[PDB]
Number of protein chains: 2
Amino acid sequence: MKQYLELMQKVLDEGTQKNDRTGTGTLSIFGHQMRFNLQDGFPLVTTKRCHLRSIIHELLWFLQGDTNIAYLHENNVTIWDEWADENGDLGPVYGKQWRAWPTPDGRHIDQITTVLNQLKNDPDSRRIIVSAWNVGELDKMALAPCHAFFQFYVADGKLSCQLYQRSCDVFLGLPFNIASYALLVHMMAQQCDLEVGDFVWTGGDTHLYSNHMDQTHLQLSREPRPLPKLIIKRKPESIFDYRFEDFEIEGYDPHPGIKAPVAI
Amino acid sequence: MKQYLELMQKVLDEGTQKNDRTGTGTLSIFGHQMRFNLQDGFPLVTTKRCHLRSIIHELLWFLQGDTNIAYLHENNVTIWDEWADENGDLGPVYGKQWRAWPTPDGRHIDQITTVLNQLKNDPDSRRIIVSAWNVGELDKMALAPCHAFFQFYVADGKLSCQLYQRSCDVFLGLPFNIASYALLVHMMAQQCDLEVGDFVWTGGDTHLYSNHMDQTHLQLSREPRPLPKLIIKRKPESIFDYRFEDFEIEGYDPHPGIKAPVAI
Ligand SMILES: C#CCN(Cc1ccc2[nH]c(N)nc(=O)c2c1)c1ccc(C(=O)N[C@@H](CCC(=O)O)C(=O)O)cc1
Ligand SMILES: C#CCN(Cc1ccc2[nH]c(N)nc(=O)c2c1)c1ccc(C(=O)N[C@@H](CCC(=O)O)C(=O)O)cc1
């Protein structure tokens, strides 16, 4: 997409060679924002083929409040393999925080149910947020949430959502998250009888790993193709009842996929 | 400031009429980001006279981990009176969440010290964040946090900061928060022997209350003056040992102040 590619070029031209946790090295910029009008099409990268099966199953895995990769495996998704323990657990990551944020007094908070109820009863609320940044549980998580916090908004019957991504792997992780949240907005809109609006991406440490330089240069040479469209074949009783079979991405003509090594 | 005035005009030009909790009515836009290079000067609004006293004392109050207005009153700061209970208490807001975020296992985390440790021992970390958005304590708070989350970043010996403000009252609150955060960055940098970089502001529901329109346009008819300069007359042993009297704002020649009704 034009926005995605311009961010890449931005990282190349302005990035600061930074040493990273993995000891790999990354070109990095701090602070960036982009807007994606969902009414223009699904923001799935066209300059490289993206794998939707992983994107869809991971999201349904989140909404279930699951933190064990068993479900992912059952559906051939291996993205979380390198971080799960001997038993497949990842600690209280996203899923747990979205559906069961633990209070100090022992209670748990369902942030998705709360959001649904706010969108339906109080759409003008400026407090429609879901946060995965639970400071008290960070040390138990296999990894600290990269897509840490997000906020919904309703204006003129349209549903918007801003995502704050503290750490962003521009090449691999980014295309995945854009598509993931764009999908959530669609599922939320359908459930709350609202039209889809803007999906705004905001990041902190936006970086490109040194061992992805070639792949980047390659992708940067491809002319972006028109954006596909999403079809939701069925309307479930709740945002928690969607199935992989319910989605379809029409008009998706991407350039060949580009393979790149994963940084653990 | 150029960036500030530009946001105001954006809100006016692309805003959407939206009702709000206070029952006042607002003009709102969702998603914005602006950058301030702290090297250029202290980011304090010059198109209207601002009251540094209230800003500085609030920050020191915050860092103390205090959440009772008694301190503020001793120094004639009344900016938090409308929300305090009979005993002057506001609940576990800012100060508390920063100095002692409660965990589910009976621990408490001092996010300020943690961040200081990272800035000195692991400045390349992508996890240097302080969150006030404690989902499990919101009901105890007098008001849900506006400036809910912030991230620090280091590069070329310069410290930068990005803040995510979920709800922003452009006319009243914004000028306070920007001056407040720039102050924090200067304090952090001095404690970590770093120079000041950029303050990146990101807002969710960015709005102007309908009863501030005239005051807004009055302010917009004004030419911003040169940015003041901040002089810190001492290097305390710790970030929590700063006093009001250590800060000097020099060259601050603002246009007349404009009064405007608060929305409780
Ligand atoms: C981000 C994220 C989610 N995930 C996993 C995952 C890994 C690290 C994380 N790190 C942090 N901090 N938070 C996360 O949510 C997170 C999630 C991803 C995993 C792999 C690829 C990847 O290798 N990309 C291939 C996948 C191909 C396939 O699955 O068939 C690609 O080319 O798209 C991308 C994203
Ligand atoms: C942000 C913030 C802190 N605050 C208060 C305050 C109020 C509501 C909030 N709401 C939420 N949710 N979070 C907050 O941080 C927050 C803070 C402010 C309060 C009042 C003025 C105000 O009345 N402005 C006068 C100041 C006069 C003076 O102090 O001398 C003016 O005319 O400018 C400014 C800032």
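Quick note on labels: first sequence line is chain A, next is B, and so on, each numbered from 1. One-based numbering, in listed order, for ligands and for the atoms of each. As a basis for the values below, the full set of heavy atoms in this structure was taken, side chains included, without hydrogen atoms, waters or symmetry mates.
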I keep forgetting: which drug shows up at ligand 1?
CB3717
Chief macromolecule bound to CB3717 (ligand 1) (the PDB entry):
thymidylate synthase
What other chains come closer than 4.0 Å to CB3717 (ligand 1) by at least one heavy atom?
A
I need the residues around CB3717 (ligand 1) for my notes - heavy atoms within 4.0 Å, please.
A:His51, A:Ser54, A:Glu58, A:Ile79, A:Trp80, A:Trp83, A:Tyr94, A:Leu143, A:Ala144, A:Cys146, A:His147, A:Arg166, A:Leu172, A:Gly173, A:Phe176, A:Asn177, A:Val262
Just need the protein heavy atom nearest to atom 26 (C) of CB3717 (ligand 1), so name the residue and atom and give the distance.
A:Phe176 CE1, 3.8 Å
Which heavy atom of the protein is the closest neighbour of atom 8 (C) of CB3717 (ligand 1), given with residue, atom name and distance?
A:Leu143 CD2, 3.6 Å
What's the entry got as the organism for chain A?
Escherichia coli
How far is atom 23 (O) of CB3717 (ligand 1) from the closest protein heavy atom, and which atom is that?
A:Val262 CG2, 3.9 Å
Which UniProt active-site position in chain A is nearest to CB3717 (ligand 1), and what heavy-atom distance, to 1 Å, separates the two?
A:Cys146, 3 Å
Could you list which atoms of CB3717 (ligand 1) come closer than 4.0 Å to a heavy atom of A:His147?
15 (O)
Starting from atom 19 (C) of CB3717 (ligand 1), find the nearest protein heavy-atom neighbour and note its residue, name and distance.
A:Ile79 CB, 3.3 Å
Please check if a non-hydrogen protein atom sits closer than 4.0 Å to atom 21 (C) of CB3717 (ligand 1).
no
Point out the residues of chain A that UniProt assigns to dUMP binding and that have a heavy atom under 4.0 Å from CB3717 (ligand 1).
A:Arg166, A:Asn177
Distance filter under 4.0 Å to A:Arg166 heavy atoms, resulting CB3717 (ligand 1) atoms:
12 (N)
Note the single closest protein heavy atom to atom 12 (N) of CB3717 (ligand 1), along with its residue, its atom name and the distance in Å.
A:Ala144 O, 2.7 Å
Taking N or O atoms only and a 3.5 Å limit, does A:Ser54 qualify as a polar contact for CB3717 (ligand 1)?
yes
Tell me, which protein residue and heavy-atom name are nearest atom 30 (O) of CB3717 (ligand 1), and how many Å apart are they?
A:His51 ND1, 2.5 Å
Going by the atom numbers of CB3717 (ligand 1), which of them fall below 4.0 Å from some non-hydrogen atom of A:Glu58?
3 (C)
Identify the protein heavy atom lying closest to atom 24 (N) of CB3717 (ligand 1), giving its residue, its atom name and the separation to 0.1 Å.
A:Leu172 CD2, 3.6 Å
What protein heavy atom sits nearest atom 13 (N) of CB3717 (ligand 1), and how far away is it?
A:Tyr94 OH, 3.0 Å
